[PDB]
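This entry carries decamethonium.
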2 protein chains.
Amino acid sequence: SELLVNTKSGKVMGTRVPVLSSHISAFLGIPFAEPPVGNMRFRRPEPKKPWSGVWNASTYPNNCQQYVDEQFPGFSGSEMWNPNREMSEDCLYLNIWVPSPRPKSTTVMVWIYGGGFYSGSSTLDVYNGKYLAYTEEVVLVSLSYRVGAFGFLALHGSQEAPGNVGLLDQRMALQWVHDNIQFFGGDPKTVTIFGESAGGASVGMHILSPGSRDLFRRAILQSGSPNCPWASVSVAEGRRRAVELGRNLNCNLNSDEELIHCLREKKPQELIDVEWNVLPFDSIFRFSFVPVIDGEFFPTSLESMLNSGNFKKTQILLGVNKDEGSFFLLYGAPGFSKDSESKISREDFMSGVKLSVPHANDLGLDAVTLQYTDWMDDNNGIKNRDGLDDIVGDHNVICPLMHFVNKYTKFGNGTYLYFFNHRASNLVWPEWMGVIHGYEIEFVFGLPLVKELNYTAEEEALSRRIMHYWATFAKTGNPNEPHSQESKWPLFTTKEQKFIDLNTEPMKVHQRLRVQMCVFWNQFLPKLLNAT
Amino acid sequence: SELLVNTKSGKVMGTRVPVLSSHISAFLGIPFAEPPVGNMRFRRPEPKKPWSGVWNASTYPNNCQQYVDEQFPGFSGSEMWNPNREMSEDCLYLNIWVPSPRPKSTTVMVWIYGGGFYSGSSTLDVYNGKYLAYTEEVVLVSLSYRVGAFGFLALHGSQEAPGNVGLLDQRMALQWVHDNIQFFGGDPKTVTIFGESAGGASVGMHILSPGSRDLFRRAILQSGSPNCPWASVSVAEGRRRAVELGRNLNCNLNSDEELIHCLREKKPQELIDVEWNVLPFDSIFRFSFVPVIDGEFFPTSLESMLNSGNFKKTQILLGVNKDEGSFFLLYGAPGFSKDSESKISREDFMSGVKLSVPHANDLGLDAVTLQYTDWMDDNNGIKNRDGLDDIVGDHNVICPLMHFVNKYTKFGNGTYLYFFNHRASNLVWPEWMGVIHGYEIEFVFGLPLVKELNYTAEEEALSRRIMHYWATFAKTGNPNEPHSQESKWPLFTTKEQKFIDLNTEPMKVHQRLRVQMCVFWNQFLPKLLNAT
Ligand SMILES: C[N+](C)(C)CCCCCCCCCC[N+](C)(C)C
Ligand SMILES: C[N+](C)(C)CCCCCCCCCC[N+](C)(C)C
Ligand SMILES: *[C@@H]1O[C@H](CO)[C@@H](O)[C@H](O)[C@H]1NC(C)=O
Ligand SMILES: *[C@@H]1O[C@H](CO)[C@@H](O)[C@H](O)[C@H]1NC(C)=O
Ligand SMILES: *[C@H]1O[C@H](CO)[C@@H](O)[C@H](O)[C@H]1NC(C)=O
Ligand SMILES: *[C@H]1O[C@H](CO)[C@@H](O)[C@H](O)[C@H]1NC(C)=O
């Protein structure tokens, strides 16, 4: 049977699913870890105990326990990112889409979802891998990992809650793929991991971490970077936050064992209820429980690893969207609302800056303001709004990624950089939000090939073009077809710094992605803050 | 006799001079002070002792002792600014051009030359007031003042060399005009003082100084401002420089009397030979002996006087040229030469910045570099050259003037601001220098009406238009004709900040003269340097 596959963990039974007037095989909800429940909450993941008989893999698994965005109840723009299955701590499962007939040894792509390390699901409509698997003839895997305190509570020194367990969940899924994907027709030595936002930072993190490097061949990072300022905290700061979480839940605080024991007695929703109360500052684009620079998973500071070339040397493909910031301003910054065009006064602009750069002393805030203010017309609400949008996107996504790109490319074996700047015609969010954080994913996963979802023909053409770049890159380390002629995506070098736009217009080539502003964020501002 | 005028100081005899196929009267070399020679070197000026008989005022006087630019021997571009008469310490004279027939009580304009407070002459071809006097029916006076150590050696506490004596020379000329100009047909209560660069700063300084305010009605400042960073030093710094001058000349240094006595025995050229050796830094646009913030001439810091409105409240007209910096880069900055287009490498750009902002710590230099560098194309020698040009012009001229303008306008009775951006067609300096420091003066003085000097018809039209603005403003406090219609020069307000271009093209109106960069120089950079 094509739907029956025998793995090292045991037999699994998939389901035949339809896709674009054809069919392929899907193996959903396959366990790769012991349910991290009870005394195992906050601990490292254990490998799943092998099972006898047949594991039913015909339906999606539960999603990991997490904060649920109810800011816009009944609004598909926001609700499409929420869990679409029951939440449970028993959530460590993966999903596999396999072409029909089953291939022998083909390219594997493993998706790692984002969601600020506080949310995310493998099971979203928009992450359904069937279109990519069918169209590009790849084995598409999506994994899950613990989020929030469950995945990232960090009390360094303890073995009961060491930190980074969410990242170890990802590694365990990758280990399981490396060990078993061959039985699904996948080629375990041609695995490309890829993810968006926190997923893209995670990808970067496995590139850095010695314990993960051998479990994949190459990587794609979308709108996310391991060095992002939101994506990791110090041991001291992880500790402070964990202790503060216990303080919110009336826990005994005079030792780790006491603290952790108390946190384990709590129901999951109690932890989620107070999760946001531990942030050190009034801020946007900052999440409570994130990876920790622990000296184990990351042997040293991210920056020194990058300078010394202490990382996996392979091919990467990465990029960003035009308007990464707009989501976080709508949710947090004063003046912004979903149903107005959110023209921002000078007052709200100043408030926005402070929220965007929470560490900054006054001089730093002045430096940012000066850099993003048109003083010929500083009461223009459109320019204030768009300028804040740029501040948030540059500081948190684009400029960290450009620093990663520039550092990686010195030691790596091939970089390809993109700038995605097409706003989907059927987007339900307002116009001011522009090309929004997260809305290249639907193009990457082929949703525009589905007519019912009401994309334009030009958007179908762009989605196919992107899927082919991603998959071809996964296969070969190069997004370009060996023989073809519709503009080659040129290699990114230190010297020339070429990248491409990804939109419906005929593809042009550019250089030095937001270099002016990123020199500000990567060179000047940190030196200003260091000297004051 | 029309050429014989009886003054409070005594009778003077002028000469009939030709101008544009007509004639007017000229009274050249009229003394207004005792020759400040011998024991009077460095002292305050004394009023000229009245004389009997007739003083011959038919030829220009001697020029004050000064450094002579021999950087381009035989080059008219530079030599037109050099002394054209014998140099002598006996140099305190003024010149008056009077319409024919002599008027009864008409508008007076008093010219104060520039030259970094280290050079200048009342007698240059380009400062000949006959064209302005004839064309606009004004009495045109040009005064002289001591420069260099002679005019500005400052040992605060001593009465033998208190500082600011060059400025007191200017005041004494103004006193003499206030007392005597009526006998030349001038109206002493409608006197407009005007000057360029150091002359324009001087104008500003008499506006500030209580002892000068009553001696004129209104003011015009061209490319110069009292608050310019080059135009004044502290008491401590004046003292240091004076002592260092004596150290260069082998003087006894253990007291002021000893020091001053020694400096007085020296021939004038000995002082000039070492004058440049006392600058505290490697720098451009900085001059050794300048006005001092002494608590007498300026009762407090310039900035506090400006904030508190401690200044003469009248009408002013002021402005700047597009490329104020280019002179000082040619003379001092590496990479720049007169006979090449002076494309500047990244190395020379960094060297240039440091010379332009000599106080700055490393972070300040970084801030300036970032502000004036196109990082999409940072090896472009044209942009590096032009960017340095802008740095020097903004820091030293435009942005100080805009700070003066904004402060003055809160308490004043009328401001009119111009941006002069026409490059004269017959300029002998290279193209890269643009619209050069000092080259609006020839338009202000009407030289383009002389056909032999080879200006275009369009340049004659511009010169007449400028002379009429200047003179009309001098008469009324408004450059605009009560009834006319060829675009009114609008008033500068705090709110709207309107100014006009001065060029051959049809006059358009703008706002917020270089606000982006001047916010950098006036608000941000000083706050950065203060906090580091
Ligand atoms: C402290 N609380 C409870 C108030 C606010 C937490 C919820 C705000 C989410 C912040 C991230 C903004 C982006 C959200 N998106 C992309 C997920 C919809
Ligand atoms: C230290 N020394 C003897 C070497 C150099 C002093 C002479 C350089 C003059 C500096 C001002 C530049 C502008 C000169 N202009 C406008 C007057 C021609
Ligand atoms: C990648 O590695 C191969 C083989 O080791 C080498 O020949 C090639 O130059 C490399 N390519 C890039 C773009 O670094
Ligand atoms: C100048 O002063 C006059 C009379 O004192 C006053 O009426 C007028 O408003 C003032 N004009 C400006 C432009 O300040
Ligand atoms: C799982 O597969 C079984 C066959 O063993 C099937 O009957 C069932 O419908 C599937 N699970 C469901 C519906 O939850
Ligand atoms: C000054 O005027 C006298 C008349 O007293 C005249 O002879 C002489 O030419 C003038 N001065 C000169 C030429 O230096």
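For reference, chains are lettered A, B, ... following the sequence lines as listed. Following the PDB entry, chain A shows residues 4-535, kept in their order. Numbers in chain B come straight from the PDB entry, and the residues shown are 4-535, in order. Method on record in the header is X-ray crystallography, 2.7 Å. Both counts, for ligands and for their atoms, begin at 1 and track the order of listing.
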Task: decamethonium - positions in model - done: ligands 1 and 2
TODO: Determine the main partner chain of decamethonium (ligand 2) by heavy-atom contacts under 4.5 Å and name it as in UniProt.
DONE: Acetylcholinesterase
Task: Heavy-atom contacts of decamethonium (ligand 2) under 4.0 Å: other chains - done: B
- [ ] Please list the residues near decamethonium (ligand 2), using 4.0 Å as the heavy-atom limit.
- [x] B/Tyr70, B/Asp72, B/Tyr121, B/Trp279, B/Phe330, B/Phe331, B/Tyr334
TODO: Find, among UniProt active-site residues of chain B, the one closest to decamethonium (ligand 2); state the minimum non-hydrogen distance to 1 Å.
DONE: B/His440, 5 Å
TODO: Give the source organism of chain B as listed in the PDB entry.
DONE: Torpedo californica
